[PDB]
Participant: 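Below you will find the structure I want to go over with you.
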Amino acid sequence: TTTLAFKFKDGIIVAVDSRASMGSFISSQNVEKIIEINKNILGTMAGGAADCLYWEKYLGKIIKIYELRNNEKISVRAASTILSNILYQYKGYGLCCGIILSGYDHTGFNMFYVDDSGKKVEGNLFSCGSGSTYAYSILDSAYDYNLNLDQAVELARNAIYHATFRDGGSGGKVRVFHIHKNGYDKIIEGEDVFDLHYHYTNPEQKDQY
Amino acid sequence: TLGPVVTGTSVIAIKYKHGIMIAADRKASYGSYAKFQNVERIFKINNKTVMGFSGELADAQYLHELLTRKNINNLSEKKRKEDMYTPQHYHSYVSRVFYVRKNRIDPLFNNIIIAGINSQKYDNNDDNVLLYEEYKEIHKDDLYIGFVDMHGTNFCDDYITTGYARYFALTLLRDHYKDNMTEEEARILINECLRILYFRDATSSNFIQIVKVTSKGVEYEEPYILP
Amino acid sequence: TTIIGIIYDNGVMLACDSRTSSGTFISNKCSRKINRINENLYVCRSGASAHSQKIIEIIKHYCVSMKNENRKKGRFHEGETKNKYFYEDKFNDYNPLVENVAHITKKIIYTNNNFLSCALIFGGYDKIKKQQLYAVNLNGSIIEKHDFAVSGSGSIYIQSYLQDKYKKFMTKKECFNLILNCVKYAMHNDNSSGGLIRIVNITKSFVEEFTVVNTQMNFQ
Amino acid sequence: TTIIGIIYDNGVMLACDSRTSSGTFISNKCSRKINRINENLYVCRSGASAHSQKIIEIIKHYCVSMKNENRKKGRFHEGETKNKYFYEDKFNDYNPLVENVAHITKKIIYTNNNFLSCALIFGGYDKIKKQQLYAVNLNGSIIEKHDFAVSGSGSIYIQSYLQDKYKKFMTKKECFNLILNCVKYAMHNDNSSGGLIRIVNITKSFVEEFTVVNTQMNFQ
Amino acid sequence: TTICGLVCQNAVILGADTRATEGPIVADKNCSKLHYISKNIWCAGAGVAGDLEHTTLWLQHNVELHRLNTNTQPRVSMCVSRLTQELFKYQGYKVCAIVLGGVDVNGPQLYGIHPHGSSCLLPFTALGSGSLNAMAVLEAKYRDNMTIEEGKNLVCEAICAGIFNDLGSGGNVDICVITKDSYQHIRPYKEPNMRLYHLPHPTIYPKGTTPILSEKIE
Amino acid sequence: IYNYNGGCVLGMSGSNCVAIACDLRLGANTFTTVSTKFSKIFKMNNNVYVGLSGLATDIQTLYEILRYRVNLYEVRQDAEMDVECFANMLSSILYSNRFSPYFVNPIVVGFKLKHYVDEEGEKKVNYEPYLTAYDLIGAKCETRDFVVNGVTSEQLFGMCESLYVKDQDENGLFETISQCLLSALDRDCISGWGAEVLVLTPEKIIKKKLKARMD
Amino acid sequence: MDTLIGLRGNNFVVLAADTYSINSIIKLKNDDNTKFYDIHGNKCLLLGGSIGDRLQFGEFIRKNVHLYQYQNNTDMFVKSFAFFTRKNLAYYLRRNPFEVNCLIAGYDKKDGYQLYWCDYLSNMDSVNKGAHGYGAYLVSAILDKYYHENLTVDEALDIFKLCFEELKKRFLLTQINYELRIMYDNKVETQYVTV
Amino acid sequence: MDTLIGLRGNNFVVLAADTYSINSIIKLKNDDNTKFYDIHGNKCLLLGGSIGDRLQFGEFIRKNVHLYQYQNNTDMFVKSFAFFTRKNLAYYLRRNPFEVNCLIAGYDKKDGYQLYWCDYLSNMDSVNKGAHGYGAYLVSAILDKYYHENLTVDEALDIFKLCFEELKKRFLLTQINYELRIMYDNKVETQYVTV
Amino acid sequence: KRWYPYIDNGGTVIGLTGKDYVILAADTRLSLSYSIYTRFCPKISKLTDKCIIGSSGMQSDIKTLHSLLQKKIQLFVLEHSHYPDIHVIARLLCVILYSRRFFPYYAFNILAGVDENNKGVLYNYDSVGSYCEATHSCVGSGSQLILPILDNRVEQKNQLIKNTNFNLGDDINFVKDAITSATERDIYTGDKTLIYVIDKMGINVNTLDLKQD
Ligand SMILES: *[B]([O])([O])[C]([C][C]([C])[C])[N]C(=O)[C]([C]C1=[C][C]=[C][C]=[C]1)[N]C(=O)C1=[C]N=[C][C]=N1
Ligand SMILES: *[B]([O])([O])[C]([C][C]([C])[C])[N]C(=O)[C]([C]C1=[C][C]=[C][C]=[C]1)[N]C(=O)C1=[C]N=[C][C]=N1
Ligand SMILES: *[B]([O])([O])[C]([C][C]([C])[C])[N]C(=O)[C]([C]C1=[C][C]=[C][C]=[C]1)[N]C(=O)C1=[C]N=[C][C]=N1
Ligand SMILES: *[B]([O])([O])[C]([C][C]([C])[C])[N]C(=O)[C]([C]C1=[C][C]=[C][C]=[C]1)[N]C(=O)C1=[C]N=[C][C]=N1
């Protein structure tokens, strides 16, 4: 389980893997972590399976009603705050979820990490999940905010690879989305046998390390 | 309901051609002490059903009251003989009782068996519950032998033995039971099961009660096994 | 706490000892165990004393709340062992008012189907079934004993002695001696040995409450 | 595991049942309990079967290691109940070789003053004290019973029945019936009821090992 | 794991299933639970396999060593005494519910042993998980002083109960008749087997991908 | 056997060639990889290959004690050491530590070298597979065909149970062990950062490192 | 708790560590510790964990190695040293745990620059890019991306500078001071890097 | 875990905090957090502990205070605010712990510059030099020595600069970035100090 | 002593799909820890004319989740007069399971059916409202043995992609292979199996007999 975000020069690159494991066994490997909340705000599953799939669907219900009654598109900051509050009500009940409610509203490109304990926080370069430590590693040394869409998704895909390659609980197809001034387009609904692309380009050994 | 102290033991309920033949010993043991040796563990909850019992005794007499008063609730709103509660109904109702309690953590430790004739092809449209010829063949598909574990696990077979016979008399039944047995064939088969239990099962004894649910009613008798 | 019930030919006896052990220290000798619910049916309580206290309080409340309730309106039935402290009292007979024992016993299961460890024994006279003698258990498992019933810590030391000496239809005299010797033995070799023992004789028309003060000596 | 020892006028009986319950499941009916240490003294073991196995193995090792040791050199004493399976054998009398029971019992305390929960009973004939009958306990607390001794799970249901029916000086016939009825009762109302019961009669000059196969029926 | 044995008119018949389970799955479906000890006594253990297998191997040789020092056929009353003494030192750790039998100067003797060390003498017994099932059918039809071809049939019928009515027991039943002079290990004895084989399912030669292939001829 | 230091080992038999295969991940923590070169199969003898799996601390410690014992025994015999006796060594070394056990689950594969019986000739040796398995206690179970042991045991029993077929040549046995291994290491997250298949024949040893999934 | 980073090319071995001494409740006791244990035989050794175990496992190994190189006029090879250090650490894993994390290093006349890797449980194996402590979750990925094969020694420092700013910017307890060892051309030199 | 320092003279109140967001396993999630909660009524509030409790105790107080200042055209005094914040925190101490550490501050027309101090257990009391978190073990003593009475606001910053270099040099997890609030002359201004 | 209220009755539910059909195969053994309650307890229930659900948890929860689910579907039929699509039943089960999140049903489910012309779709859950549409899946005691097999005969990570074509006639033989391979190697996998095939015209309940050991 991994995730990214950038708020780079002209949008946001949310990127995740697609693995879902139960201890050691791999329950499934074609799971869609990215969740479309609004036409602009799009969440990200992580941590527990249901305890994050359900709420971002539940948060989907809350925004549809509000965005309908007031007929103004909700903002990320408002969307994040609603999520963290209902997530707070279940402190001791064992909910486990880390959600990066990236999106776009009238006030520019926002971004908000949310955790199961109402850990709402504004930022630029969040990443949650078991491999997030490696994901921060690659980004911080490469992230520039003046990247263009071409090499930004290359950087996002690059990080998700290095996380999945090094981490055990992360792997499988990598997704890399992007957020315009409106909407979002799935730039990569991709593959993951590409270690033999980045490093160890020519298959002749095992790439010992 | 915190722990079993006065516990019954195994019952066996097979079906032969004239109806069910459910048998049970008549001992309730207060732990490792045969405190009661004339307790009855097979109650009549309808003119066509019985209700087996294993585990702690405090809860049969509970679950007996629940059914025995549901039965009269039926017996009051009955216009035709087809309005009676089939043994399937109870076993699907008892299953609910055990399951709804498993939602809480009070299971009422038991292994209730619901057995009876699941049909109305034989006229008994005058219920003398308070105070009470030849057998009829029964299609072996109109007889329902339920079972409910204290976790809600329920199913029906041709023969259901619960409690501790599930390791002793089940092996005999699984390889010597044939459909459409006869009166004396079932009794000797059961007597070859309980005699196995009485020898190897510490919490069981002689003095069997055998109940048969035939096309005419529910009949009782009290053998005493000969080793 | 030893505790007994025997059914002789025309009435039921209900003995007990009198001791409330609380961790090897006798809180009090000479404590009531054979309570009085109604004129004809007596409760022999055991187990934890605190729990058995409330139950008898509740039952005395119920057995009065329906003793008067099942009264018919008009006039009815106008057609007609040293140092043994003894006294008897009579009923208000024909038993239309006094309710059956079977209710009181079965009323217990509903009442004490809880986490309330008491092990009562009920003995009384009745109109329909003459002399019945029930045995509630820890979790409320009443079984109508027809011959005798024991309970409490010290009963199990006389289980066999009772089943051997108990005849079928006994007279009041020889039922008294058997129930006297039973409690004494359950006292001689048990550390819940009461002091005086309180034999009670519920019968058709009266209830006499003996008390006996004695010990055992053996020639062996 | 019920287990008995009675001392009649001129010899000691040692009954037992035959059942090895392991959690409500009879591991085996017809198991030995009245062991044979030497010709005259028999052990009635109880408690955990594994622990009682080693102890009897050790004792059989000791009782032989000194049976021969206390032999004098030269020639000495040149001056002179259905289906009951019975057989008797004789001693090698004058008892100079066969060592006293009191050692074997007291040898146990030293041996099983450990974390080894076994509750034996020893019965034998001897030269000096005629027929003794000890009762080792869980922690090795031997007390020489002079009248009778019981142990195991099912004994306490016949404690009173034994103390009542036990006379002082009994004959072999009426001691047999009492020890037969005792084990049967401890079996009728206990969930460690053996199958056949193995009455053993150690006496002055022989040892006869009965086995009885019977149940109880009561008129009540 | 179900193991049952019984005696006959002059011989003792052992018997066992064949499988070892990690607990949610099986490890193999052919694991001889009978175990040779000497020419005239065999043992058929249960419980954990590591403690089981080495206990017999240690005993299988410690009898031969004793048979060589003396010149008498080993006595079944001996091997039981060495088992219990070793087992009890490990009161609940060398867990192995061994049943063994054989012939000696006395008749055919069958001892049932338990992990703590309690050893009994029985005319028939069954151990392991299926012992409950095996003992039932074993006890109902057992009759004192039968003959081999119905003794073998019964013990095969006995384990066949523990094969079906139990989850921890399955595979091919087998038997070891231990008559006074010889033994008759009949390692396969019945056929509870598979149902469907659609095709061999072979793969074409170029599969995998093998970034490296270092081949060495010795 | 731990999720700490995940790993798996498999071995199957053919006509007269056997193949042993194992992953190459040394998992420092359960969900972390720190090496993709930790081969878990060792040449205990020129035709006795052992495949260890489990706690990587006790893989090497047990490997060294085996190499210490085997080299000792080979020298004192002037001759090579066959599997059948070696397999019973490993069932005693493990069992000697029954109370403080090495957390390894070894697999022993390699040719049995049946009799030097020499019918109608001076040399007649027919090699036989002789696979086997073990457990941390040391209980073995000889098996004429596949043996699997490791954390992925329950993901590989199923794969072996179907795809395995009785007798095959090396060019096909390698395919049905490589495809039988690769597709079970794609379903266990604590093992499978590179596989290695080593099929051996009475004449040559063929060692391959497959193109596994680095996930 | 303490970050150890080890890199190795084909003609150099570079080790790195943080020079803090966390080793008290919260007080950063010493801002320039000693974790490395330079052996004469052109090897090195780098430890982690509680200093009570570093000081007596590091010093114990320096002796038995130095004793070996003196009892036998030779100098121990890295591989023998790497599998000897592990063996002792595995020796005590069931008597006295010695909760330490190693990164053996060194040069050989035969096998060249070998790096190794031992966890607190003895899990020795050669690698090309090690890491230890809670900081290993953040420098490992950096090491993969920028470690192209056949590096020059000056590049590896630029990778290390890239790893150090990573821990400062994102690690929990922001290490600022680090100490390296640069093993190449048979010249074991040292340098300290801040930030 | 997070350091809060509060100082107060007779004509100023200065609060300080570290701007880290430890708030994940080990990853320094955000290097510039928001712990302060500026109230309009010329007060302030500074919290610590898990951000899940800061964000909903800080925001809950801002409302009930702002609601009060709007429902009643007045503006709440510091003392009422200080003993109201404590009361709610004590209200939930036996229902929902709200593990937070406060440093109430503010200005009054009557009582002047008041600083306060509440622990995770509600232990309110006025002080002149507060501190919280594991860093309070190191800045408290610094505050005593250099806090002479009737300070000028510029001196207090020099004390704070003296406190910040102390945490960097000797604290466990070396905080480098800090954010202050300088309340004086009815001018609540803010500034960020690095190192 | 504390009365742990969860048991695993075993059984497995193999699922497999294609452009025209979905294949759902479940055993019928219902076993307690080591003894066996019955040789035939159907773990597969049908909800609509073209949607079946298979579960492999504890039999009390299996039944009370299927009975409850049908109650909410026949309710849907009455109010809306048209049977719910599988997608509707998919989310409806997600909520029901998650509605009891903090005391979850011990019931792993696989939901199978057809929505478009065929477009054979198959969801699987884990006892708490988390469903991912998949090509092939199984849940139960034998789950860890079958998912490896199906991943090598549905998704081809082989060098040359053979068997890229799958026909209903042959896929049944794959499933019968999987359900039988697990039967030997797994303890709880049953003795009689029921294979349900949902094609464009209806459901077929053809049966197969497995090992009884
Ligand atoms: B990911 O690996 O964390 C993944 C997230 C995906 C479901 C959106 N979740 C899990 O792996 C969790 C356990 C876990 C492992 C490592 C870190 C955090 C959590 N398990 C599940 O999500 C799951 C999936 N299917 C069934 C059961 N559980
Ligand atoms: B009898 O011994 O059980 C006696 C009968 C009671 C009705 C007066 N009661 C008690 O002994 C109990 C102790 C006990 C014995 C056996 C099981 C459980 C409890 N007496 C008390 O508990 C007690 C009474 N007063 C003060 C303190 N404790
Ligand atoms: B008797 O019931 O105590 C009996 C006498 C023994 C000498 C054969 N033994 C046992 O019952 C014991 C159980 C036990 C009862 C009471 C206290 C302690 C233990 N039998 C066993 O322990 C046993 C024997 N074989 C196998 C398994 N368990
Ligand atoms: B049988 O199931 O008991 C079997 C008999 C064994 C001697 C071949 N053993 C086991 O199943 C044990 C677990 C066990 C079950 C029942 C009682 C005690 C122990 N497991 C193993 O024997 C084993 C064998 N190889 C590898 C792993 N485990």
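So that the names make sense, note that chain A is the first sequence line, chain B the second, and so on, each numbered from 1. Heavy-atom basis, side chains included; hydrogens, waters and symmetry copies ignored. Numbering of ligands and ligand atoms starts at 1, following listing order. Cropped entry; intra-crop contacts only.
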Participant: How do PDB records name the drug found at ligand 1?
Facilitator: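 It is the drug bortezomib (bound form).
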Participant: Identify the macromolecule bound to bortezomib (bound form, ligand 1) in this structure with the most contacts, using its name in the PDB entry.
Facilitator: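 Most contacts: 20S proteasome beta-5 subunit.
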Participant: Listed by chain and number, which residues of other chains have a heavy atom closer than 4.0 Å to any atom of bortezomib (bound form, ligand 1)?
Facilitator: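 Sure - by heavy atoms, that gives A/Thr1, A/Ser21, A/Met22, A/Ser27, A/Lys33, A/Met45, A/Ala46, A/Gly47, A/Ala49, A/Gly169, F/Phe31, I/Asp126.
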Participant: How is chain F named in this PDB entry?
Facilitator: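 According to the entry, 20S proteasome beta-3 subunit.
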Participant: Look up the covalent bond partner of bortezomib (bound form, ligand 1) and give residue and atom, or none.
Facilitator: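 Covalent attachment: A/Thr1 OG1.
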